[PDB]
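One letter per chain, A onward, in the order of the sequence lines. Just so it is clear, chain A uses the PDB entry numbers, and the residues here are 58-501, in order. Following the PDB entry, chain B shows residues 58-502, kept in their order. Just the heavy atoms: all of them, side chains too, but no hydrogens, waters or symmetry mates, feed the values below. Order of listing sets the numbers, starting from 1, for every ligand and every atom in it.
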Amino acid sequence: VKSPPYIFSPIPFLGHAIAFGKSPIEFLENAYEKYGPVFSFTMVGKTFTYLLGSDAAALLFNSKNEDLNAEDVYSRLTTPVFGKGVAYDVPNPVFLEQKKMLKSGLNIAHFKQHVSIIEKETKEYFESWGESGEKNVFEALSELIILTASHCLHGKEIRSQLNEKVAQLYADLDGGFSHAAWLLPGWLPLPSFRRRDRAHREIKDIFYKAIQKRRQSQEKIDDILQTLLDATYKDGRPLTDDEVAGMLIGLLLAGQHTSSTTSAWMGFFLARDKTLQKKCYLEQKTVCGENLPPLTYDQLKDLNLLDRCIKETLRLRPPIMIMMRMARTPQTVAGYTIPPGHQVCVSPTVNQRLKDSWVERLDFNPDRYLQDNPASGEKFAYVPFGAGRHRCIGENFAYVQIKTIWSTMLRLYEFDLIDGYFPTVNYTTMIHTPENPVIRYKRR
Amino acid sequence: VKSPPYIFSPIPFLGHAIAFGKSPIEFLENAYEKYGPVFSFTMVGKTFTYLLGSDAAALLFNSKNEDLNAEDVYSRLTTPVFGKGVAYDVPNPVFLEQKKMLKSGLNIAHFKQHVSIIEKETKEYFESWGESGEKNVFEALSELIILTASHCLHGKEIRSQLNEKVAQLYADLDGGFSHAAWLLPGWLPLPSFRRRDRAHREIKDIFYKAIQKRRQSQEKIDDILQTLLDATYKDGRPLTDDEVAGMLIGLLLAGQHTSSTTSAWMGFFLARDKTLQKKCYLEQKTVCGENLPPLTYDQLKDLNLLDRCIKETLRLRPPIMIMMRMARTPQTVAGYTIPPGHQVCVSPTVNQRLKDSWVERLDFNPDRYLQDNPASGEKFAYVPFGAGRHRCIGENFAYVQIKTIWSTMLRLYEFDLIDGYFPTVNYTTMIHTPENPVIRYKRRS
Ligand SMILES: OC[C@H]1O[C@@H]2O[C@H]3[C@H](O)[C@@H](O)[C@@H](O[C@H]4[C@H](O)[C@@H](O)[C@@H](O[C@H]5[C@H](O)[C@@H](O)[C@@H](O[C@H]6[C@H](O)[C@@H](O)[C@@H](O[C@H]7[C@H](O)[C@@H](O)[C@@H](O[C@H]8[C@H](O)[C@@H](O)[C@@H](O[C@H]1[C@H](O)[C@H]2O)O[C@@H]8CO)O[C@@H]7CO)O[C@@H]6CO)O[C@@H]5CO)O[C@@H]4CO)O[C@@H]3CO
Ligand SMILES: OC[C@H]1O[C@@H]2O[C@H]3[C@H](O)[C@@H](O)[C@@H](O[C@H]4[C@H](O)[C@@H](O)[C@@H](O[C@H]5[C@H](O)[C@@H](O)[C@@H](O[C@H]6[C@H](O)[C@@H](O)[C@@H](O[C@H]7[C@H](O)[C@@H](O)[C@@H](O[C@H]8[C@H](O)[C@@H](O)[C@@H](O[C@H]1[C@H](O)[C@H]2O)O[C@@H]8CO)O[C@@H]7CO)O[C@@H]6CO)O[C@@H]5CO)O[C@@H]4CO)O[C@@H]3CO
Ligand code: HEM
Ligand code: HEM
Ligand SMILES: CC(=O)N1CCN(c2ccc(OC[C@H]3CO[C@](Cn4ccnc4)(c4ccc(Cl)cc4Cl)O3)cc2)CC1
Ligand SMILES: CC(=O)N1CCN(c2ccc(OC[C@H]3CO[C@](Cn4ccnc4)(c4ccc(Cl)cc4Cl)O3)cc2)CC1
């Protein structure tokens, strides 16, 4: 019985809050060098054990929620946003069943509807950008993906309900994913806290309309919303309008920022490497045809450089930078015993550029997978959508959304850095955004 | 006409204060990577331009004080501590004459007196350490250096006055060297300013009577104090007691924490590398004889290995991390022009560790000066004592003090890391101290 190596700190309560908050990746890498794959440190009165590399990460991924708990650590910020009865407000096994319902709605038949739907929105959004200029790509992508995600994961009913003042209510909901919502108790009246809670009530209320609007129309519509309204537990109990609305919010959030971010980054990687940008466009012609017809799901499967470009963007910029659990029981990894109380953590980001197992780690090189790599060489070195019980379900949909958008975007425009500026990473938010994400764009 | 590359910060007033504050060398080397030898950034509403590498630092080192001025940047810290009419409170030509006088005291005749003074102080101090144990070297060293530096630089009369009270007065003065004193206006009253001011008066008062008393006795004492009492500007004008008192405070502050931090680090470099440590002890025997007799200045010149260990310590841990100037007129380096108003900096630490010119840069290797190295291969790669008009005058004394101390310390003890711990650097203060500088020791064979 032995404790993970502990990283002592000068500052009594803050701990490593300032060094880690400043640049978590450098911090975690420096710690990996000095202390190894399993270590502890204190931030803001809380102790964190991190698991780095595949072997160590294995513990968090392979474990039961009974032993490494996700609600204990997420409820604080998620439950106020998504709502009661949904996600981390219920016991895990109840959650899994809701996960299976959402899974059902994410299949090839729906994805075939999604492709053309997203393609139209993309084309129609970018009518405002004209033939050339300099605009913020991430904000454009943020707005577009709020349109595409809603169109696909919510109904046409809800998509037709989106205006300026609804995006504001979504923005209010984003402000729930904060530094402060995690650390500070909910009973404090902060600006962001009231802002968020106001929007939750409103948007639940807006979803109540559209659920009622569809529950009553007879036209057989087969999208994701229908899948939810039709589903049932092992019980045989259908979902309450509340439950449904709860998981509609969870879909909107999961599906929006994780794809805007990633799309935005890939933009800058492709603008920095103009040869690779050219090859992606060439592959568009080679696969789909020189006449560039509207996109099909079946064509997507064959855009393999684009696919690896997305694989590689997610490698160097996974939007979920950290996974967390609470140790409810003692757990053993690498010979260390993590005591109950620690928040146990894995970082895809660190794992995915770890010097031990990636060649030219900081290089944007989608051909790395066409060689030997730990993404197939190792279990948990490449892990942007997690693994085990808490593993993602949006991977196919996120690949469809991003793929369609960038196909359309490369068809519209050639992209370039402004004065060679490659954006750095903003760590002031759990939304990890590119700093000043403005690209130059020529018509193709 | 082009200004240096500038590093932007989101944070409005503070700018890079946190990123620089936390790890300056890390910050500066990453900046070197992205931007090159010359760049500018801002902290707490001040803009800094750094000159990294021999070629760039040549600007600061070669420049005249009118162009790149030190009073403008040092005075707020310095004058309150040393007092008026001294150092950076007077125009630079006046300071040079002052430096010339101090220099004339730092000669071989006095250094020979110093050796046997310092050795005795060292032997006597470390009697409280006993056969073995675990103690805080850095604390022991600063305590010791206060005694040795006073004895050598102030004289026997002042050293006999050194008690618990006076040690506290000096520590209050040290408190004047805060980042706070550099940033915040002097009419504010933090606890530490009051202390600095009160202690400045009480120390001057002590030095006054000490100066008075020797100006009177007939004992022909040939030391650094007498050199000051007998000195004269080109004028013909001798120093007033307040000037003598000033530079005496200057001397103790100067010759104290520079030697104590450097000695402490060397302790840790020697404890980390045990076969190096033993070779140093063998050198003692090989040079001074097997009997290990009392140290002499002459013997110190032939301790080449210990010399290079100090040289190498100063290379990796120079006590003065940043030298600074105010730009009064515009200056040009590497094609860039620094506007008047920027604070222009060099860091010996960064220069002395630069991938480009240092083979295995982070390695403590005293024998690197027996190969081809940039200390002789370049101009300003190795500059722990500065260069140009503001060049240090204390190097020879520093070496005498540290060699004598560590020579003795090696004869007395063998040193070890506690649990393989090597202290990291404390940056929260201007005395760049080692973290938890406790060392293991046992009586040497
Ligand atoms: O000696 C090296 C160390 O010195 C300085 O640390 C001081 C620090 O600045 C102050 O904060 C204070 O420490 C108090 C601390 O704040 C409290 O948390 C508490 O500490 C207790 C721990 O909570 C508890 O876990 C246990 O500690 C044991 C560890 O659990 C166990 O793993 C092991 O620790 C070893 C580490 O695992 C290993 O990594 C290595 O530690 C290195 C550190 O990681 C590194 O940061 C540095 O530490 C410096 C530090 O920077 C200084 O500021 O080097 C270390 C090399 O040793 O080795 C560890 C063993 O040394 O064992 C420990 C038990 O030894 O108990 C502790 C109480 O002991 O109370 C503290 C009250 O002092 O003071 C410290 C000491 O000067
Ligand atoms: O633009 C004119 C500028 O040109 C020269 O600077 C170049 C520099 O020498 C190159 O090294 C390189 O600099 C890179 C830079 O170091 C990186 O940090 C990065 O910068 C991006 C930021 O990371 C990102 O945050 C954002 O910047 C925004 C700021 O965060 C925000 O505060 C605000 O900027 C305000 C400034 O804070 C404020 O001081 C003021 O700035 C003006 C300067 O004071 C003035 O000297 C001049 O700068 C010259 C510079 O001296 C040349 O050497 O004009 C400045 C701006 O007009 O005014 C701002 C208030 O609006 O807004 C910015 C958004 O711009 O984005 C930046 C830029 O991508 O990227 C750089 C790599 O390209 O390039 C620069 C520029 O060519
Ligand atoms: C690039 C896009 C995406 C990435 C990189 C991503 C990443 C992740 C990661 C890392 C996890 C594991 C979290 C943990 O273990 O703590 C996860 C879980 C999950 N994701 Fe995503 N996601 C993306 C898009 C989506 C989409 C579009 C949806 C909705 C269809 C979604 C819904 C979910 C759900 C329901 C979970 C399960 C949470 C749990 O079981 O505790 N994600 N995702
Ligand atoms: C190892 C110990 C020492 C180191 C590393 C050191 C370092 C330095 C450095 C880097 C400078 C240049 C300052 C600048 O340009 O900003 C300097 C200047 C100076 N030092 Fe030292 N020093 C040491 C010991 C001493 C001692 C013992 C004395 C007095 C006996 C002393 C007195 C001075 C003086 C008078 C200056 C000139 C300041 C000026 O002209 O602006 N130093 N020293
Ligand atoms: C203290 C500290 O150092 N830190 C505070 C906590 N910090 C953190 C916060 C949240 C987090 O996230 C995990 C939870 C919350 O969000 C998702 C991630 N997600 C998003 C899309 N797919 C998955 C999620 C799951 C299902 C659904 Cl329906 C929707 C979503 Cl948003 O899992 C991960 C890390 C890490 C940094
Ligand atoms: C904002 C910022 O980034 N920062 C704050 C200011 N920072 C700084 C502060 C002081 C400094 O110091 C140079 C001046 C001050 O002190 C000496 C150094 N000194 C000591 C011994 N030998 C030389 C000195 C010279 C002669 C005599 Cl008589 C006595 C002394 Cl104390 O020169 C150098 C740098 C640099 C870091």
So at ligand 6, which of pimitespib, tiamulin, gossypol, temsavir, ketoconazole is it? ketoconazole
So, counting contacts under 4.5 Å, which chain has the most with ketoconazole (ligand 6)? Name it the way the PDB entry does. Lanosterol 14-alpha demethylase
Under a 4.0 Å cut-off, which other chains come into heavy-atom contact with ketoconazole (ligand 6)? B
Which residues lie close to ketoconazole (ligand 6), i.e. with a heavy atom under 4.0 Å? B:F77, B:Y131, B:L134, B:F139, B:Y145, B:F234, B:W239, B:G307, B:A311, B:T315, B:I377, B:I379, B:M381, B:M487
List the residues that UniProt gives as binding heme in chain B and that have a heavy atom under 4.0 Å from ketoconazole (ligand 6). none
